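So that the names make sense, note that chain A is the first sequence line, chain B the second, and so on, each numbered from 1. Just so it is clear, the values below take in all heavy atoms, side chains as well, and ignore hydrogens, waters and symmetry mates. Header entry for method reads X-ray crystallography, 1.5 Å. Indexing begins at 1, ligand by ligand and atom by atom, following the structure's order.
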There are 2 protein chains.
Amino acid sequence: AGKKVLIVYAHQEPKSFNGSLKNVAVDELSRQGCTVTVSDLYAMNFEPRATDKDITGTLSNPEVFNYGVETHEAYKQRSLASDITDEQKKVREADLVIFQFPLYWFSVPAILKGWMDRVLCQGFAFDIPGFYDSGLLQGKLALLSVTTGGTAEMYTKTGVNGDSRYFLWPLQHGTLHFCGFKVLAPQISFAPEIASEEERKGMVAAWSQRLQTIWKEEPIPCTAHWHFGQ
Amino acid sequence: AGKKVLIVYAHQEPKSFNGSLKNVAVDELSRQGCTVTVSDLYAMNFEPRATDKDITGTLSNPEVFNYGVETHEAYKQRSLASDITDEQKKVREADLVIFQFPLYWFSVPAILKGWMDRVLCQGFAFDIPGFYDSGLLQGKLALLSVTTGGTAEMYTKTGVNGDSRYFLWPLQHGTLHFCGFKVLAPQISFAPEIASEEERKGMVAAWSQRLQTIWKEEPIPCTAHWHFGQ
Ligand SMILES: Cc1cc2nc3c(=O)[nH]c(=O)nc-3n(C[C@H](O)[C@H](O)[C@H](O)COP(=O)(O)OP(=O)(O)OC[C@H]3O[C@@H](n4cnc5c(N)ncnc54)[C@H](O)[C@@H]3O)c2cc1C
Ligand SMILES: Cc1cc2nc3c(=O)[nH]c(=O)nc-3n(C[C@H](O)[C@H](O)[C@H](O)COP(=O)(O)OP(=O)(O)OC[C@H]3O[C@@H](n4cnc5c(N)ncnc54)[C@H](O)[C@@H]3O)c2cc1C
Ligand SMILES: COc1ccc2[nH]cc(CCNC(C)=O)c2c1
Ligand SMILES: COc1ccc2[nH]cc(CCNC(C)=O)c2c1
Ligand SMILES: [Zn+2]
Ligand SMILES: [Zn+2]
């Protein structure tokens, strides 16, 4: 309690394992007295494309469109599309942002990549200068709760997919830490489609249990060493 | 006889540096006598979201929607949406697929992430046991031509962003190699926005020149060692 959480959720099916992980997070954080908001991207038909429709005012350079430049100015002028502004309000108010999603091509599903691309604009999430430890979302926590098709064994240094931490780099470091977030350790629920009932129920309960003490956790040192080793 | 190339292009502005790199690739490959096709994703208003609209007719399990299962079965039953099958035909016929895009959050812009999520479905691009070296698109070459906002120095092992090979992992290994592609060395045009006209025309010319001998290149060894090792 005394804390606000935003869950950005990317799964098409409410009855899915991802849906269960999202719901147990809402249930537990709600039980604790926290304020909780969920952005259910597919239900919202969230727009993933970075286009000129994201700026409603006079463009700074109408001859040659540069998304980064135009959205940075639009942010400062308050002429960004309202769907972006609505997400920014949720992020600005949140103390913790949890991303719940199935891994798609070692990354986030495109609808969620679009949320990253359009919501975390210059001026709001970072500035130049004003990134990594000086990012604009400093003071906030972020956590990736991911599900995979591959087993934990396949996601090891000697497994076919390499260690799971490798694919986390662009997301935890390149995006979240870049914007100033401190990153909590990822929650990775491996191969639920293959797992049995005991195992699946076990994974949901492990997440619920972890959430009970989430406010006591320290963030990870989001560095190349943590991700790649040596 | 001859070679066929598909360029999957993701930039909103034809006058952009990315647009110029795409245009010189078309110009040079065409000059060589190659068959060239371009999927200009923003112009096509390409759908990035993975949804149940990607399957036509009736679902294999209309009670609990599973995107991966449904698209695998739709591929086998020739029931995928036409935008997806149109892209699959271009890929099936291509000997080389060049992805041209600006780096967005250490990855591809969401519209291109959506093309990978929706076009590279099970049965078409990979299956059990067709993945990595036995991926279904084996025999085809793939190449990432990326532009960045960050300078080359920032993308060094000890630079703030880490080595560029770190972010290439999910794309080169987790996506392209996984589907069986032999991956040519990436073309990285660092910070064209900061560079001078000469450094610019230079980066373009370097890409045009590389394309002159693209068919003589050998694929990189797509391994954890290549991306992280020393
Ligand atoms: C485009 C695409 C790209 C992909 N790329 C990758 C990749 O790069 N790497 C990778 O490893 N995988 C990849 N995958 C696989 C994907 O990550 C998995 O399919 C996904 O993570 C599984 O999560 P889910 O919620 O969809 O599972 P579900 O299909 O929902 O399976 C979970 C099972 O648990 C049951 N369940 C639900 N809730 C509960 C509950 N409360 N208690 C007990 N059981 C419950 C369900 O009914 C179901 O049978 C990809 C998939 C697609 C479609
Ligand atoms: C959502 C988002 C997220 C991002 N995340 C990242 C990230 O993770 N890491 C990162 O490093 N960067 C990131 N960026 C920055 C992005 O990668 C760069 O802005 C992009 O790569 C620059 O390419 P461009 O084609 O848009 O450049 P342009 O701005 O189009 O640059 C071309 C410039 O060169 C001039 N020019 C002169 N000669 C030529 C010629 N020969 N051909 C063409 N133009 C010429 C043009 O007139 C123009 O001014 C992000 C940007 C956005 C919007
Ligand atoms: C259903 O669609 C997809 C699409 C792209 C994918 N990449 C990887 C996997 C799962 C692979 N796990 C195992 C070992 O079975 C995958 C599934
Ligand atoms: C790493 O993440 C991002 C995200 C959005 C961005 N927009 C622009 C840049 C690059 C700016 N580089 C310099 C040299 O200052 C950028 C980087
Ligand atoms: Zn970091
Ligand atoms: Zn590889």
What is ligand 3 bound to here, taking the chain with most contacts and naming it as the PDB entry does?
Ribosyldihydronicotinamide dehydrogenase [quinone]
I'd love to know the name of the drug at ligand 3.
melatonin
Which other chains show a non-hydrogen atom at a distance under 4.0 Å from melatonin (ligand 3)?
A, B
Please work out which of A:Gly149, B:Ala50, B:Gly68 has its closest non-hydrogen atom nearest to atom 1 (C) of melatonin (ligand 3).
B:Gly68
Non-hydrogen atoms of A:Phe106 versus melatonin (ligand 3): any pair closer than 4.0 Å?
no
Using a heavy-atom cut-off of 4.0 Å, list the UniProt substrate-binding residues in chain B near melatonin (ligand 3).
B:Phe126
Who gets closest to atom 14 (C) of melatonin (ligand 3) by heavy atom: A:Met154, B:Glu70, B:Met116, B:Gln122?
A:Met154
Test item, B:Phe126 contacting melatonin (ligand 3) (heavy atom, 4.0 angstrom):
yes
Site residues for melatonin (ligand 3), heavy atoms under 4.0 Å:
A:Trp105, A:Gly149, A:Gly150, A:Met154, B:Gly68, B:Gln122, B:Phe126, B:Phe178
